[PDB]
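In the model that follows, one finds cyclothiazide.
Chain letters run A, B, ... following the sequence lines, proteins first and then strands; every chain starts at 1. Only a slice of the deposited entry appears, and the contacts counted are all within that slice. Counting starts at 1 for both ligands and their atoms, in listed order.
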Amino acid sequence: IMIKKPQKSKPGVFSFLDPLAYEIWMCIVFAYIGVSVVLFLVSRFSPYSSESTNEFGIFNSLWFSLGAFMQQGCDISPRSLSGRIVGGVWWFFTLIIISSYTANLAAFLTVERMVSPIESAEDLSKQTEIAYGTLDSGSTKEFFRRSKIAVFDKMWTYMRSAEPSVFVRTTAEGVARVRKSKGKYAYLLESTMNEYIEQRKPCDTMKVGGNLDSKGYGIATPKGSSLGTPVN
Amino acid sequence: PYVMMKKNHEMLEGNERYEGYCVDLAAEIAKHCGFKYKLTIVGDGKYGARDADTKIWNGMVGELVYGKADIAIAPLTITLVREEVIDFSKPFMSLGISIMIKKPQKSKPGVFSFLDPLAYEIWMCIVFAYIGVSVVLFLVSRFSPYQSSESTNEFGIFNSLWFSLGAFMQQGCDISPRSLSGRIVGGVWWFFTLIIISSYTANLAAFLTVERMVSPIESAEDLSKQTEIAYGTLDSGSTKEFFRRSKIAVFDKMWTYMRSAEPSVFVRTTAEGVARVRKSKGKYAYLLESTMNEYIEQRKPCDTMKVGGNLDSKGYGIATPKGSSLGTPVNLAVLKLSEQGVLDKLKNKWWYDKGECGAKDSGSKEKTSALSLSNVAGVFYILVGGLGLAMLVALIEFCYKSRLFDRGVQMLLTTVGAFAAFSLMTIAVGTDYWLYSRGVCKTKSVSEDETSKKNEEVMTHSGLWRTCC
Amino acid sequence: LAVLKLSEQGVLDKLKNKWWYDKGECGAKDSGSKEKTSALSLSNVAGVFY
Amino acid sequence: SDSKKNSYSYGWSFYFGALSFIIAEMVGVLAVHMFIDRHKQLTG
Amino acid sequence: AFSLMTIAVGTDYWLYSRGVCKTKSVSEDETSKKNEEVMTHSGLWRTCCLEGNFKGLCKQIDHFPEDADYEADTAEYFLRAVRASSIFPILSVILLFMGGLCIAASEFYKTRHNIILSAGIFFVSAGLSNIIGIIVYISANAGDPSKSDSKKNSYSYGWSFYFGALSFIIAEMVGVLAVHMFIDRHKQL
Ligand SMILES: NS(=O)(=O)c1cc2c(cc1Cl)N[C@H]([C@H]1C[C@H]3C=C[C@@H]1C3)NS2(=O)=O
Ligand SMILES: NS(=O)(=O)c1cc2c(cc1Cl)N[C@H]([C@H]1C[C@H]3C=C[C@@H]1C3)NS2(=O)=O
Ligand SMILES: N[C@@H](CCC(=O)O)C(=O)O
Ligand SMILES: N[C@@H](CCC(=O)O)C(=O)O
């Protein structure tokens, strides 16, 4: 089975910023600014010296809130009751978001490196998304026709009743249909032909599954030719 | 899948125009009984039923009875009134009356989906444990040291809430207990919050992205409970005759609604019934054969979902006229195909190979995507609400400074609470309305006497001591 | 004809589920499959509370 | 099923036991403040 | 800050996506399909479609679409209805207007000693109403995204969304400076 190789995804330089979305990282910075000023506004409020009872200035408030988010913590801790409320909820904000980061970053490290949407010929039979075709007047077309294996008979039934026709004139036209179908088409061809196409550029074809059967290429003579036995 | 037109049917003539499960089965019946057959569609298009007060069978059964046709290999369900007029073979396929509903869109996780990885009873116990540890830490520290000698340690009731909340949220707190058995309170609570948070953060990304099907109606009992979603069945069918002659109380509630429905819920064909399900935006339900229902579901656009299970078991049978001579070899033929797995093979071939949709072929949907702001928005909502609440309390507190319970007043407060705490506890141990659940009811005390089965397991206001219906 | 009359009235279904399940002696009496993602139970973390 | 086979739902008796917990810890907190007050009066 | 927020609410360049264009005016027509969904500079209230003949001309979006085959639940109805009447952005407009009026009132009327605080309260609260305006806007647009789940649409944000974001940041800093003025007036007192 030859299919279009799935696009090789590139991990970005900032791939660590991927588990949360761009709108989330923007709103976290918006939440970081918004909490710090409110903590500043409550703490450096009217006193009734008493104004300087707190150490939570606006530069100190930004530093405490960054310490809370990064889970490291800071020395200053809010002492007034309304100052504790804003410090408490921002802690509750941090616990959910940072854990959602670490759990998704676990998920982005436990990604299965899947390159096979479809696999060996049973999975080809069980799907309708990707069409599969063969070269006309060829042994591969002949093999699926006179077949008794249950999966192969199912594959031949779909190839007969397919619109548009999956059958191709040559292997090169069969390869070209695979490349321009952006991974929605599969083409069934020989293992050594699949090897040579995969080696050559643009190397966008990937051999998938295993050999369905074993066959051979042999030197052919007409029956009753005198040269048949010396060639053999 | 029983009878259908080929892609090239307009050119083709005779038997090749029709193909399908029953068509190939008609080929297998003809070979084993050695006859020649002609495939004809009945002109009316019905499945066969008695007419109302005319006593004429209309459709397929009427085609058999009035001498028009020699055999009916078709989806004809074996029923009592059909058996009386004409013979049936042994059933070639088994089925059930089943419910069809529009496939609901996958529900998004809610606003409060963050508190989902722990259950409701756990979060309540955490809050109760949070209140508990803070009070104990207050009692241990401020307890008559042997003036401000009491006030040397900084653990008041309001600070002890802050230290415990700091320990739970995994944030460093300014204060530390600085006392044996104060440090024991802190250390055990540290071990508490280590395990509880680790259980919380173990799978939080999975819960915030899981998509759950709502499943409005499970089976016929839930279907009867509301008139919001209408339901109907095919006209002149075994399903209509089944609900008509039904004496089961749930099915009795069905047939009353079937007759007294405006506009008429009955559809002349299944294809109109499926089209009515799709275009009614989930306000219509369709009661149909399970074999047809599984076939409609397995093919695209796959916007229909079968719910629950078969209401009853019945069977499709090849039908012959009463007393005919062809039928007894057809009885022989159906038995032979069942033993030779041909009936096994034909059903497995037609349904499974012609699966042409996403739902049947690869039902599983796998994705490992980034979180989006719709997934986590309640925490942003609570934070902005917490910020607004904090400014409000500070403005109120500024009013209080701009403008103390006495000991006798405080003594009044603890006596009201002590009377309340004793009264509420003794009621709770005494009364028996702790839990509402389906439970062992009391038509008879045991559940084993002549199929009691708790008499349909009614809702039961269970108690700590004993259960009560 | 009588087998059909019993089946259509739900009698054969009522006889069937009664004899197997109700006279059966197993404690579970039914089974179901959990979702791959489900919330924790209090019994699963009761040791921490103790 | 997903909490629906029995649909276990707690009642006012269960909630009153939860309310009995909240009142009992508060009157415990109220009592200790009285004893701290008494020891403070005894010291002075 | 009052200028930037009022511009952002009024203009229609919030979001860039393949959206409903004017080939279907109210989206009830036959076979038209919005010319296969051409690029639309969608706004908070408007859906004007660019790269087309009807460039800059549109009809208001209805935030509760029919024929989308849904039944609104409590959570679904609440998020749509807030975004439909867009109260959280326009509250950020009105609160920032009230605080800016108090700033003008603060320079005259000496010895009041609380008005400069109140404008600082309005300025920080206008910012908080702005953030919940943004979060409602993003979470609503996640509903009915595209053929892919919030990916094929590629809903890039226009300068109007960035101005309301910039409106938030400067309103907070002015809210910080109002508190610094209020503290400094108490130290003089
Ligand atoms: N699975 S199915 O519905 O396709 C199906 C249904 C049935 C099958 C075989 C299959 Cl494969 N055989 C039985 C047959 C065995 C004996 C009892 C009834 C007939 C004779 N009929 S059935 O119960 O109607
Ligand atoms: N509940 S069950 O599956 O044991 C069951 C199975 C069957 C029942 C009745 C019950 Cl209760 N009756 C049907 C009957 C209805 C008509 C079709 C087949 C016979 C005549 N046979 S069945 O399909 O074999
Ligand atoms: N080996 C094959 C190649 C062509 C094909 O696969 O159809 C043949 O000679 O027929
Ligand atoms: N196949 C069914 C169709 C009618 C129905 O479902 O009631 C029959 O002929 O009995």
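- The ligands or chains that make up cyclothiazide in this structure: ligands 1 and 2.
- The name UniProt gives to the main binding partner of cyclothiazide (ligand 1) in this structure is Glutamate receptor 2.
- Other chains within a heavy-atom distance below 4.0 Å of cyclothiazide (ligand 1) are, by letter, B.
- The heavy-atom cut-off of 4.0 Å around cyclothiazide (ligand 1) picks out none of the UniProt transmembrane segments of chain B counted from the N terminus.
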